[PDB]
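Shown here: tozasertib bound to Aurora kinase A.
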Amino acid sequence: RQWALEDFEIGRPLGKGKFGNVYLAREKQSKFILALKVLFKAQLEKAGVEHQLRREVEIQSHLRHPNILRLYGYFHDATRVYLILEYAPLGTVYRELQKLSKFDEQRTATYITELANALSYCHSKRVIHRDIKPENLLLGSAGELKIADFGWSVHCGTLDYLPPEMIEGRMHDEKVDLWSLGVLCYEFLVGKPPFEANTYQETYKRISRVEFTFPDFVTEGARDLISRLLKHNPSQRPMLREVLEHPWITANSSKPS
Ligand SMILES: Cc1cc(Nc2cc(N3CCN(C)CC3)nc(Sc3ccc(NC(=O)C4CC4)cc3)n2)[nH]n1
């Protein structure tokens with residue numbers, strides 16, 4: 001049962017990226033509302049990411065979780081590749097941060113729990129994620145967080161969300177994901193990521209040194225969690241279990257494990 005472009009009514013543009021456009025779309029026969037990402041073969045090849053996309057699509061299709069954006073299917077015609085994706089109505093966590101400036105501790109701990117649950121599920125499937133950016137986190141109709149990128153591995157670019165071992169030219173494993181949780185926890189609470197700078201060169205130095213401070217309003221429990229996640233040595237970061245069992249998380253999160 002192969003899909004073609006004619007099987008979908010195309011709606012308004014959802015996002016405009018470097019590689020292609022994402023549209024709201026509705027499959028004609030079922031009236032199923034979904035997102036359609038359109039990519040040009042010529043452009044993926046010229047950047048040498050066609051294969052990379054194929055591997056990430058294949059990994060994605062194996063993933064089934066309420067907090068991971070679902071890939072339903074794919075197809076392609078003469079010049080274009082089409083990804084058929086779950087439509088998340090409430091948009092990105094990035095836009096929500098822009099509207100709200102920063103999040104309270106309850107929203108933040110809920111998002112972290114949801115992230116850690118999705119990542120726990122991924123780890124048990126030997127799936128590692130690369131850096132997790134807010135722009136790549138979507139919100140479902142009940143405001144549930146959805147990991148929406150395709151940055152998965154089975155064992156550049158802005159630096160803000162990358163761990164030291166990835167920038168220094170070192171060996172990286174599942175502990176990258178816990179650094180990611182650290183950066184996001186901080187950004188949710190503060191309104192910018194902990195190593196933000198005006199230049200790449202300086203962001204590099206800040207991440208490599210783990211050079212960041214907290215504003216005064218950050219509570220002791222949040223401080224404790226972020227500091228444990230942001231360890232330079234990957235093997236010193238806690239496990240996802242320990243994140244989900246952290247007192248600051250358990251005291252503030254609206255959602256369980
Ligand atoms: C793919 C997708 C996108 C959506 N939903 C939305 C919804 C949205 N909104 C824009 C702002 N209004 C106020 C709310 C809805 N804005 C974007 S902007 C956007 C577009 C694409 C991606 N991500 C991807 O395409 C992933 C596959 C790599 C992230 C954000 N995406 N559901 N599914």
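When a residue number appears, it is its place in the shown sequence, counting from 1. Indexing begins at 1, ligand by ligand and atom by atom, following the structure's order.
- Within a 4.0 Å radius of atom 12 (N) of tozasertib, the protein contributes no heavy atom.
- Each of the atoms 1 (C), 21 (C), 25 (O) of tozasertib lies under 4.0 Å from some heavy atom of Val22.
- When only non-hydrogen protein atoms are considered, atom 9 (N) of tozasertib lies nearest to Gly91 CA, 3.7 Å.
- Near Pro89, meaning under 4.0 Å from any of its heavy atoms, are these atoms of tozasertib: 14 (C), 15 (C).
- Checking atom 21 (C) of tozasertib against the protein gives a heavy-atom contact under 4.0 Å.
- The deposit lists the origin of chain A as Homo sapiens.
- Contact atoms of tozasertib toward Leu14: 3 (C), 4 (C), 16 (N), 17 (C), 18 (S) (distance under 4.0 Å to a heavy atom of the residue).
- The ligand atoms of tozasertib that sit less than 4.0 angstrom from a heavy atom of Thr92 are 30 (C).
- Taking only nitrogen or oxygen atoms, main chain and side chain alike, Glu86 reaches within less than 3.5 Å of tozasertib.
- Tozasertib places these atoms under 4.0 Å from at least one heavy atom of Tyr87: 32 (N), 33 (N).
- Shown in contact with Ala35 at under 4.0 Å from a heavy atom are these atoms of tozasertib, numbered in order with element: 1 (C), 2 (C), 33 (N).
- The single protein non-hydrogen atom nearest to atom 31 (N) of tozasertib is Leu138 CD2, 3.8 Å, given as residue, atom name and distance.
- Shortest contact from atom 29 (C) of tozasertib to any protein heavy atom: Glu135 O, 3.9 Å.
- Of the protein's heavy atoms, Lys37 CE, 3.2 Å lies nearest to atom 25 (O) of tozasertib.
- Those atoms of tozasertib with a heavy atom of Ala88 less than 4.0 angstrom away are 4 (C), 5 (N), 6 (C), 7 (C), 32 (N), 33 (N).
- Every N/O-N/O distance between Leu85 and tozasertib stays at or above 3.5 Å.
- Within tozasertib, counting atoms from 1 as listed, the ones closer than 4.0 Å to a heavy atom of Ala148 are 26 (C), 27 (C), 28 (C).
- Residues of chain A contacting tozasertib are concentrated in UniProt domain Protein kinase.
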